[PDB]
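Beneath this line is the structure, given in structure tokens, with notes to follow.
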Amino acid sequence: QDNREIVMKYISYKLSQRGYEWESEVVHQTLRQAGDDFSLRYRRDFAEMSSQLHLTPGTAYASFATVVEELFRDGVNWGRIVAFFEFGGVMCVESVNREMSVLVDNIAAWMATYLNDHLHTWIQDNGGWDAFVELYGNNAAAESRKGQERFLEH
Ligand SMILES: CC1(C)CCC(c2ccc(Cl)cc2)=C(CN2CCN(c3ccc(C(=O)NS(=O)(=O)c4ccc(N[C@H](CCN5CCOCC5)CSc5ccccc5)c(S(=O)(=O)C(F)(F)F)c4)cc3)CC2)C1
């Protein structure tokens, strides 16, 4: 899976997108693109989450854990995983904006731990990051179709 490198590479890019300096290339690039797609499609949620976080060093973990628990409460799908990356992105960007840059390493650790300890089994059972890339390439009708075909498979 190489979940930790995916995290670091992702955060390093969202922080470049904002101006600061901090597994196949296709996985990295596809995750970036999917993330930008999610943030455009769910632009109200993105902006509102940004506004409603109140990051301090003392509340960062509670904030992270609350949101991630809510995100995966009813189960996992690839879009929720993308929302998780985007959420982590937001936390990192606002950490730096607010001159709390120490949190960035913390958030990256929390994200890698969550992927390894709570998303790893799902990812493996759902075809790995290869199936993520495959789905991204498919149009919505194709994606719904391979979902029902994968269910009927195993
Ligand atoms: C409880 C709480 C407060 C918790 C906190 C929180 C929250 C708030 C702010 C922030 Cl910041 C973070 C979290 C919320 C907000 N909630 C979070 C969850 N939300 C989701 C909404 C939709 C889905 C979904 O749809 N999931 S999905 O069915 O699995 C799926 C479908 C399509 C594709 N991708 C296609 C790609 C199309 N191709 C492109 C290339 O040319 C060919 C066509 C469309 S783009 C695309 C479309 C959707 C997602 C990503 C990319 C992918 S995907 O990109 O991951 C892939 F395909 F799998 F790779 C997967 C999952 C969850 C709704 C908003 C709620």
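Heads up, chain A uses the PDB entry numbers, so what you see runs 9-30, 47-49, 92-220. Heavy atoms only: backbone and side chains are in, while hydrogens, waters and symmetry mates are out. As the structure lists them, so they are numbered: ligands from 1, and atoms in each ligand from 1.
- The name given to the drug at ligand 1 is ABT-263.
- Going by contact count, the macromolecule most engaged with ABT-263 is what UniProt calls Apoptosis regulator Bcl-2.
- Those atoms of ABT-263 that come under 4.0 Å of a heavy atom in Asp111, given as number and element, are 9 (C), 15 (C), 16 (N), 64 (C).
- Contacts with ABT-263 closer than 4.0 Å are made by side-chain heavy atoms of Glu209 only, the backbone lying farther away.
- Under a 4.0 Å heavy-atom criterion, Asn204 is in contact with ABT-263.
- Distance from atom 24 (C) of ABT-263 to its nearest protein heavy atom, with residue and atom name: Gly145 CA, 4.0 Å.
- In this structure, atom 35 (C) of ABT-263 has a protein heavy-atom contact shorter than 4.0 Å.
- Which of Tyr202, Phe198, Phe112, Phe150 comes nearest to atom 11 (Cl) of ABT-263 through a heavy atom is settled by distance: it is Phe112.
- For ABT-263 and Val148, the ligand atoms under 4.0 Å from any heavy atom of the residue are 55 (O).
- In summary, the atoms of ABT-263 found under 4.0 Å from a heavy atom of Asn143, numbered by their order in the structure, are 26 (N), 29 (O), 61 (C).
- For the residues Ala149, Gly203, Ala207, the heavy atom positioned nearest atom 12 (C) of ABT-263 is part of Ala149.
- Between atom 45 (S) of ABT-263 and the options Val199, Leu137, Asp103, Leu119, the minimum heavy-atom separation is to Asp103.
- In summary, the atoms of ABT-263 found under 4.0 Å from a heavy atom of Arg107, numbered by their order in the structure, are 44 (C), 45 (S).
- Taking distance alone, with nitrogen or oxygen atoms compared against 3.5 Å, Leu201 stays at or beyond that limit from ABT-263.
- For atom 18 (C) of ABT-263, the closest heavy atom belonging to the protein is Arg146 NH2, 3.7 Å.
- Proximity annotation for atom 8 (C) of ABT-263: of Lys212, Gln118, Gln99, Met115, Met115 comes nearest, heavy atoms only.
- Atoms of ABT-263 lying under 4.0 Å from any heavy atom of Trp144, numbered from 1 in the order shown and given with element: 29 (O), 55 (O), 58 (F).
- Scanning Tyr108, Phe153, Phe151, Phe138 for the heavy atom closest to atom 22 (C) of ABT-263 points to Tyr108.
- In this structure, atom 3 (C) of ABT-263 lies nearest to the protein heavy atom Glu136 OE1, 4.0 Å.
- For atom 63 (C) of ABT-263, the nearest protein heavy atom is under 4.0 Å away.
- For ABT-263, the residues with any heavy atom closer than 4.0 Å are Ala100, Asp103, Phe104, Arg107, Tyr108, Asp111, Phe112, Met115, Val133, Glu136, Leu137, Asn143, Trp144, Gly145, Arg146, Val148, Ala149, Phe153, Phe198, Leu201, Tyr202, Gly203, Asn204, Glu209.
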